[PDB]
Novice: 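What follows is a single structure, and I will ask about it in a moment.
In chain A, numbers come from the PDB entry; the residues present are 4-132, 135-516, in order. Counting convention: from 1, in listed order, for ligands and their atoms alike. Heavy atoms only: backbone and side chains are in, while hydrogens, waters and symmetry mates are out.
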Amino acid sequence: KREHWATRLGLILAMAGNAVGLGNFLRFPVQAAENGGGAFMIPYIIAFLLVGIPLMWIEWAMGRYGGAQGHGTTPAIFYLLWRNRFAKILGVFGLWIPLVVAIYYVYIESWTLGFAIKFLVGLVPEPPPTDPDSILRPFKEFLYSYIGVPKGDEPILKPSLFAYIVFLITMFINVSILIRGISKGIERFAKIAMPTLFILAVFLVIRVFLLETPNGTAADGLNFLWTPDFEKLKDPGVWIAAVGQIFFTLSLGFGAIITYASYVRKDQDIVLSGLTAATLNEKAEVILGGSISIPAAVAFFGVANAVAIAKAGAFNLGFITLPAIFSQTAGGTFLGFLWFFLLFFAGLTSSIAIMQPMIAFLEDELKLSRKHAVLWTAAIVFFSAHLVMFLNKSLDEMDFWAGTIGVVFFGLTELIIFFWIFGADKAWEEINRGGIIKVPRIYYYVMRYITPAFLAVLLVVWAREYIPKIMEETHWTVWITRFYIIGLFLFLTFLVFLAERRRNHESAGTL
Ligand SMILES: CN(C)CCCN1c2ccccc2CCc2ccc(Cl)cc21
Ligand SMILES: CN(C)CCCN1c2ccccc2CCc2ccc(Cl)cc21
Ligand SMILES: CCCCCCCCO[C@@H]1O[C@H](CO)[C@@H](O)[C@H](O)[C@H]1O
Ligand SMILES: CCCCCCCCO[C@@H]1O[C@H](CO)[C@@H](O)[C@H](O)[C@H]1O
Ligand SMILES: CCCCCCCCO[C@@H]1O[C@H](CO)[C@@H](O)[C@H](O)[C@H]1O
Ligand SMILES: CCCCCCCCO[C@@H]1O[C@H](CO)[C@@H](O)[C@H](O)[C@H]1O
Ligand SMILES: CCCCCCCCO[C@@H]1O[C@H](CO)[C@@H](O)[C@H](O)[C@H]1O
Ligand code: NA
Ligand code: NA
């Protein structure tokens, strides 16, 4: 009774949409810009080869394996691979991480829809005729008024009425797709969204490549991004940034690739399919995402200033700088619309992917109907999102624990359980089974020894030289978000406990 992807194309575009999202167009540019541009790319490429690709196959394999037995989420799948109560508990992260990411990701996605709407109808700011700030300030105030940045000392946000309603609409749109299921919902939408997304992105790159000012050209932006710095490879922070981006952009460690793969027929290839999805994401990221905002910013403000803007972070580059720059060109407001529409489709195809794990768990383990599973999941995300919408820095806290530390920790966890506990040879066999192509021989040793060792070191260095400076150097309000998401973990563990009991009570009625 489990759904399955209808076509190979659909599967590939759905998986591609899972990966290609806000991380490609917003996160990548910031990470690369603040880490030296080209100096970021070497570790990034290496991370993609030693972590991205191998974990992608591992997650597809685990998902297809679990699906064959009617399970699409990690609490059950981890137990199938390691029959130990602790496997179910660690598996909870496969529901918690995607749920927590969704709680702030859908909200950011809603901003892009709201901006798309306002830019389409021309309800945007109008700067004067060369001073930077005189042009950027109006756009900064525009964003600040939208999300309600604090004007006082209280760490409280005051979202505009329009932003709140657009978030509601955004949740509604995510639900309209998810409620139709895998083949008729997610797959059908991906076939529409991905082509649209690709065309919009190419057009924007072309337009940005035409940008030129007394300060530079788009070419200067590209040179900054693709010019190596072999003297930065010794910087740990750059590696942590690169690996973190690889996980986020490929949706690895979210339990999302696994859940999507659980709808792939038991015999269907995952080697070539997985590699293709990963390659598509990388193209969209380094070629499309990398060629839009960085080159535009560099062309208008020069490299030094572009970098400063990125380090200023706070969504400056994508929500303030790029539109401000576009406003200086004929048809620039429409150009802004295209940008935000692109971001919206990129985010939407990814948010449905990160919400599906909770949906699958409720359907697979608690036996809820798809309708009910989708509605309760949306309700939980909608409610919880109020924390991100009203408490300044809550978004940052969730993105750190789930979207940064969480995904890397879970990636290592799933690899250990699948390639070490379940059995390296059994895992290798499982990955290659039905493959249109075989995984290169060398990757067996990468998956069994290199990847885990690489991640283990990363995490160690991370928790010893970086985390401490946060667990003690933040406003007391970070504890509100920490308290809440720990509660979410507790609640999800309770649900796994209930699924466990329903299972036994149902098994007893069978014997
Ligand atoms: C209401 N639907 C009959 C219209 C079909 C188009 N559609 C779509 C396409 C594939 C799968 C699900 C959905 C339903 C919701 C939705 C939302 C936004 C857009 Cl941009 C298209 C879109
Ligand atoms: C610093 N914070 C204000 C933002 C944190 C979240 N964020 C994020 C999260 C989900 C989707 C898009 C983006 C875009 C901006 C960005 C840039 C770098 C990092 Cl590492 C995180 C990051
Ligand atoms: C069911 C959970 C309810 C949580 C309380 C939500 C209160 C939202 O309240 C609304 O917030 C909007 C954005 O700031 C404002 O524009 C509206 O005027 C305000 O009524
Ligand atoms: C896509 C549909 C969006 C509907 C929300 C529009 C929010 C526009 O703006 C709102 O308009 C209201 C009057 O209609 C005013 O009372 C509010 O003060 C104003 O912020
Ligand atoms: C942890 C998340 C808590 C969300 C509770 C939000 C309660 C909303 O509170 C309301 O917000 C409006 C707009 O900001 C204000 O105009 C109202 O005076 C205020 O009561
Ligand atoms: C983390 C929780 C954030 C909640 C945001 C609440 C925003 C509501 O706004 C607050 O309402 C209070 C009345 O109760 C007033 O005394 C405050 O001055 C006002 O800023
Ligand atoms: C560190 C990860 C490197 C990945 C690059 C793999 C390139 C594939 O390498 C090729 O694999 C084939 C099948 O195993 C072999 O028959 C070829 O001799 C070998 O060159
Ligand atoms: Na991505
Ligand atoms: Na996406």
Novice: Count heavy-atom pairs within 4.5 Å of ligand 1 for each chain, then name the one with the most as the PDB entry does.
Specialist: Transporter
Novice: Pick the drug at ligand 1 from amitriptyline, cannabidiol, dihydrotestosterone, clomipramine, tafamidis.
Specialist: clomipramine
Novice: When you measure from atom 17 (C) of clomipramine (ligand 1) to every protein heavy atom, which one gives the shortest distance, and what is it?
Specialist: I178 CG2, 4.0 Å
Novice: Atom 5 (C) of clomipramine (ligand 1): which protein heavy atom is closest, and how many Å away?
Specialist: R193 NH2, 4.1 Å
Novice: Heavy atoms only: which of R185, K189, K196, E192 is nearest to atom 3 (C) of clomipramine (ligand 1)?
Specialist: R185
Novice: Look at atom 7 (N) of clomipramine (ligand 1) and say which protein heavy atom is nearest, naming residue and atom and giving the distance to 0.1 Å.
Specialist: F194 CD1, 4.8 Å
Novice: Using heavy atoms and a threshold below 4.0 Å, how should the contact between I191 and clomipramine (ligand 1) be classified: side chain, backbone, both, or neither?
Specialist: neither
Novice: Could you check atom 9 (C) of clomipramine (ligand 1) against the protein and tell me its nearest heavy-atom contact, residue, atom and distance included?
Specialist: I197 CD1, 3.7 Å
Novice: Nearest non-hydrogen contact with atom 16 (C) of clomipramine (ligand 1) belongs to which option: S188, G190, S181, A195?
Specialist: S181
Novice: Identify, for atom 20 (Cl) of clomipramine (ligand 1), the protein heavy atom at the shortest distance, and state residue, atom and that distance.
Specialist: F350 CZ, 3.6 Å
Novice: Report all residues and nucleotides of other chains within 4.0 Å of clomipramine (ligand 1) (non-hydrogen atoms).
Specialist: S181, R185, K189, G190, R193, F194, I197, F350
